[PDB]
J.: 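Encoded as structure tokens, here's the structure I'll be asking about.
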Amino acid sequence: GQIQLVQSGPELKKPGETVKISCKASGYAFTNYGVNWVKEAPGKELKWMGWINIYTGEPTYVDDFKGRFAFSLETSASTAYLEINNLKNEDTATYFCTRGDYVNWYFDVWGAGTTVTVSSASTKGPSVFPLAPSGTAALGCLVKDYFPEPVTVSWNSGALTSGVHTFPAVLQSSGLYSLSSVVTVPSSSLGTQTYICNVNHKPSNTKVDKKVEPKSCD
Amino acid sequence: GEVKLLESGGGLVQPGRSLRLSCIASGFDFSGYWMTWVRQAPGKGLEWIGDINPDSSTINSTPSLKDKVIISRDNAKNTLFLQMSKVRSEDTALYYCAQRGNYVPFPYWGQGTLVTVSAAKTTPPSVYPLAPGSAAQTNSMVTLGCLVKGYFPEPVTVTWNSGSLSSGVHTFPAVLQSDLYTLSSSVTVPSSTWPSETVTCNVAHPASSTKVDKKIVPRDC
Amino acid sequence: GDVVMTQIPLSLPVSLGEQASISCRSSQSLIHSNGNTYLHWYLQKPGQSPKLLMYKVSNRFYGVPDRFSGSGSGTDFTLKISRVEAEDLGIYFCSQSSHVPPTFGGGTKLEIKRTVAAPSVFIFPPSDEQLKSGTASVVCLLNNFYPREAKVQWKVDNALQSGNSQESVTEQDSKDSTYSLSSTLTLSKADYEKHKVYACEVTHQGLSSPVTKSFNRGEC
Amino acid sequence: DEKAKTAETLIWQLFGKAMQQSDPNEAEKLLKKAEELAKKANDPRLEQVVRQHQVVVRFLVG
Amino acid sequence: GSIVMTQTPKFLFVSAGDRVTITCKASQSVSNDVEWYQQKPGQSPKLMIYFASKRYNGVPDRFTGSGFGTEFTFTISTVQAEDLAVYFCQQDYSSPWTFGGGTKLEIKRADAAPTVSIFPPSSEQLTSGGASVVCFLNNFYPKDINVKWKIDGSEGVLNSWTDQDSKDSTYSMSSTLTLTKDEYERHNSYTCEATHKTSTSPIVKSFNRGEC
Ligand SMILES: CC(=O)[C@H]1CC[C@H]2[C@@H]3CCC4=CC(=O)CC[C@]4(C)[C@H]3CC[C@]12C
């Protein structure tokens with residue numbers, strides 16, 4: 001079979017809790033390599049967390065990652081577990097489990113990565129407001145105050161796809177997210193074509209259809 | 001097919017008036033690339049005038065010409081327009097329209113049109129034959145010519161037998177004197193071809209819209 | 001302490017069909033005692049896990065195309081691509097294993113190069129529905145420009161604002177390779193109603209002068 | 001080569017035995033036996049593997 | 001302020017087969033946004049090099065471009081006969097976009113004597129009241145040359161020089177003498193005399209109005 005590592009899905013937690021991530025190996029002799037853990041923070045460098053040896057199970061950590069982190073093994077099921085206690089807001093990151101070799105010392109097989117997000121904000125639906133237009137005019141919809149990611153934005157139920165820009169979401173100070181979706185249309189068609197933006201946020205089960213019109217300056 | 005850019009609207013304009021130049025593009029998607037107007041003074045280096053984006057939202061122009069020129073485009077007819085107001089003698093030049101592409105800067109250039117700002121009056125050219133004397137028929141090659149005198153303004157196009165004769169033709173630059181231009185054009189042909197075959201010089205002056213065909217005839221001695 | 005890896009440059013614009021070069025520099029000697037130099041090069045594509053490209057300075061991992069080459073020694077190492085393709089875009093970074101613990105470089109991003117282009121600027125005021133909630137968001141949009149470096153400033157009655165505006169940037173376009181930027185300014189209702197004239201000022205390398213888009217509260 | 005694969009399996013087994021040992025002398029004896037087996041196999045790659053295993057074992061256990 | 005591009009050298013006199021180099025220098029960093037154009041006499045500019053190292057489609061391999069920062073170079077390994085032109089360097093790093101002064105390339109060759117022909121005024125110009133006597137000097141080198149008009153042996157003169165031919169690299173000159181009809185008819189002998197480097201004695205072409 002194809003040599004691979006499989007990791008669990010994303011994790012959302014609140015401060016003070018404990019999380020456990022699994023990494024299952026398939027396709028080779030599990031006891032002839034080493035299992036290394038790597039942490040990637042948003043906008044930072046990859047940082048080696050530590051490694052566990054299959055022969056004896058003794059883990060080795062860097063100085064920065066001692067105490068709150070734990071490595072464990074289940075050799076019969078060919079699984080490695082990473083346990084995190086006393087979560088903070090600085091632990092939101094993506095974790096990879098990778099295989100390390102004993103003869104050339106590289107990391108050749110990597111897992112898909114598990115995302116861990118810690119925040120004290122609760123689930124909330126989005127709010128949609130029209131950025132109204134006022135030979136080419138630009139308009140759009142602003143999505144504000146929703147948590148957590150992600151939301152899907154479509155125009156005319158997917159009928160319009162040319163020139164649509166959907167910017168990545170940014171975290172506000174209060175702990176909620178916001179984004180904007182814009183599109184440019186010919187000026188002559190503003191008074192004839194009905195433009196509707198559809199926003200879908202699955203975790204809150206919220207679907208909103210907002211109609212964008214030229215501002216009634218009259 | 002081949003990318004073609006064709007300018008029009010040039011010629012003579014009196015000082016203080018307004019000028020409108022057009023440039024038609026064909027052979028590519030006109031609504032996808034930036035379009036640029038550039039100019040060159042006679043005998044000098046190139047100077048950049050400005051450019052415009054596909055949907056006429058942003059226009060870049062040289063700071064020294066920001067208040068004098070207006071650029072526009074029409075994707076319906078594949079056309080680009082330049083308008084200038086209160087032109088002076090310093091604007092006598094040759095204008096090119098160029099395409100500005102995404103991955104190549106200025107890959108295609110037009111032919112360019114000549115703009116002359118002067119207070120003189122248009123005068124049709126005078127075309128005279130230049131036949132060799134009786135003592136100039138002793139060589140295997142013989143030279144004939146046509147003299148274009150007393151025209152204004154530039155340019156005039158001189159061809160020999162509607163462009164069939166292209167080798168051995170020298171066309172000297174015109175000389176300006178008393179607000180009138182004068183030039184001569186010479187052609188060297190084998191002595192066995194003339195006067196057996198007809199040689200005719202065609203002179204075209206678009207500014208005065210005058211086309212003259214003058215046959216080279218041996219001197220009536 | 002830990003060996004520090006510095007990579008040059010941070011962003012590398014290259015065109016398809018040409019050669020590219022990336023430099024990695026360590027803080028100290030990477031030559032191990034037994035004689036081998038453990039410097040490795042990894043590549044990561046958007047939305048995927050990193051994949052090994054080169055191991056031990058100049059060897060090539062199985063499956064890697066022959067156009068990748070590596071060289072260097074001491075504390076200077078270099079990776080060279082003879083003919084870039086569409087699938088070689090991503091983030092490349094070096095790593096060492098000669099001194100505990102292994103460390104990773106900052107990463108160099110490869111992107112397509114094209115000509116300069118100025119942005120188109122638009123400004124959107126706050127709607128009435130948001131104003132009924134007690135907040136006001138003003139949006140400034142820069143459309144289809146290149147390169148990535150542009151500066152946006154917010155002026156409220158000719159006073160420069162600071163510390164309440166957030167920016168967002170899209171990825172490079174797949175058809176003509178341009179960007180787009182959005183700047184949002186957030187105000188409370190009282191502060192929004194204390195002033196009249198709002199302006200967004202844009203400075204870009206492809207524009208001869210800064211561009212100001214402004215409006216007045218309550219007007220049209 | 002079947003003999004090379006068998007020798008490689010034996011070398012890896014000896015390395016595993018050495019990794020979980022408490023007396024460095026026993027690990028040294030096991031590594032010497034592995035080196036002798038590699039020499040009998042007449043393969044430079046096996047000798048390289050044994051040399052690397054010696055370094056790793058001496059670092060981790062010693 | 002506008003970025004100033006200085007290009008050297010202004011003139012180049014090289015023989016066929018040699019190698020030439022042109023240097024374009026900026027007043028401040030322009031990264032690698034430099035393009036090199038070639039313009040032949042009387043035609044549109046043609047793009048040769050873009051992005052300071054890349055070669056445009058159809059360009060022969062003997063043209064190379066290099067440089068970075070504030071200095072760039074344009075190199076021709078083997079100059080041919082049809083490479084006579086004017087070359088420009090342009091930057092588009094920051095608006096406004098500025099062009100260099102341009103280098104004019106000229107070709108040397110062996111010295112050649114001129115061919116001299118003379119033409120009396122035509123009948124129609126005489127009917128119009130004027131008289132133009134023309135003297136054509138074709139295919140000589142180098143450009144330096146002296147032309148003298150002699151009416152009845154006694155020494156309204158306009159001189160025109162063509163651009164260097166791109167095939168055989170020679171210069172041709174037209175000398176025009178403009179007079180009134182009466183002045184032309186008051187004299188018979190007219191002589192065009194050429195003094196050139198290729199000879200120590202002037203080439204004399206003479207005609208008489210009475211003769212035809
Ligand atoms: C098998 C494995 O995962 C490899 C990857 C990185 C390797 C380590 C890299 C650093 C190192 C250097 C040495 O000289 C001793 C062995 C060690 C400590 C290596 C032991 C084996 C490791 C942990």
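Order of the sequence lines sets the chain letters (A, B, ...), proteins ahead of strands, with each chain counted from 1. Values below: every heavy atom of this structure, side chains too, minus hydrogens, waters and symmetry copies. One-based numbering, in listed order, for ligands and for the atoms of each.
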J.: Can you point out which of vortioxetine, progesterone, alprazolam, desidustat is the drug at ligand 1?
T.: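 That one is progesterone.
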J.: Quick check: main partner chain of progesterone (ligand 1) by heavy-atom contacts, named as in the PDB entry?
T.: DB3 Fab Heavy chain
J.: Around progesterone (ligand 1), which other chains have a heavy atom under 4.0 Å away?
T.: A, C, D
J.: Taking heavy atoms under 4.0 Å, what residues and nucleotides bind progesterone (ligand 1)?
T.: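 With heavy atoms under 4.0 Å, it is A/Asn36, A/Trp51, A/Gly100, A/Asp101, A/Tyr102, A/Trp105, C/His32, C/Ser97, C/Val100, D/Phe59.
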J.: According to the entry, what name goes with chain D?
T.: De novo designed DBPro1156_2 binder
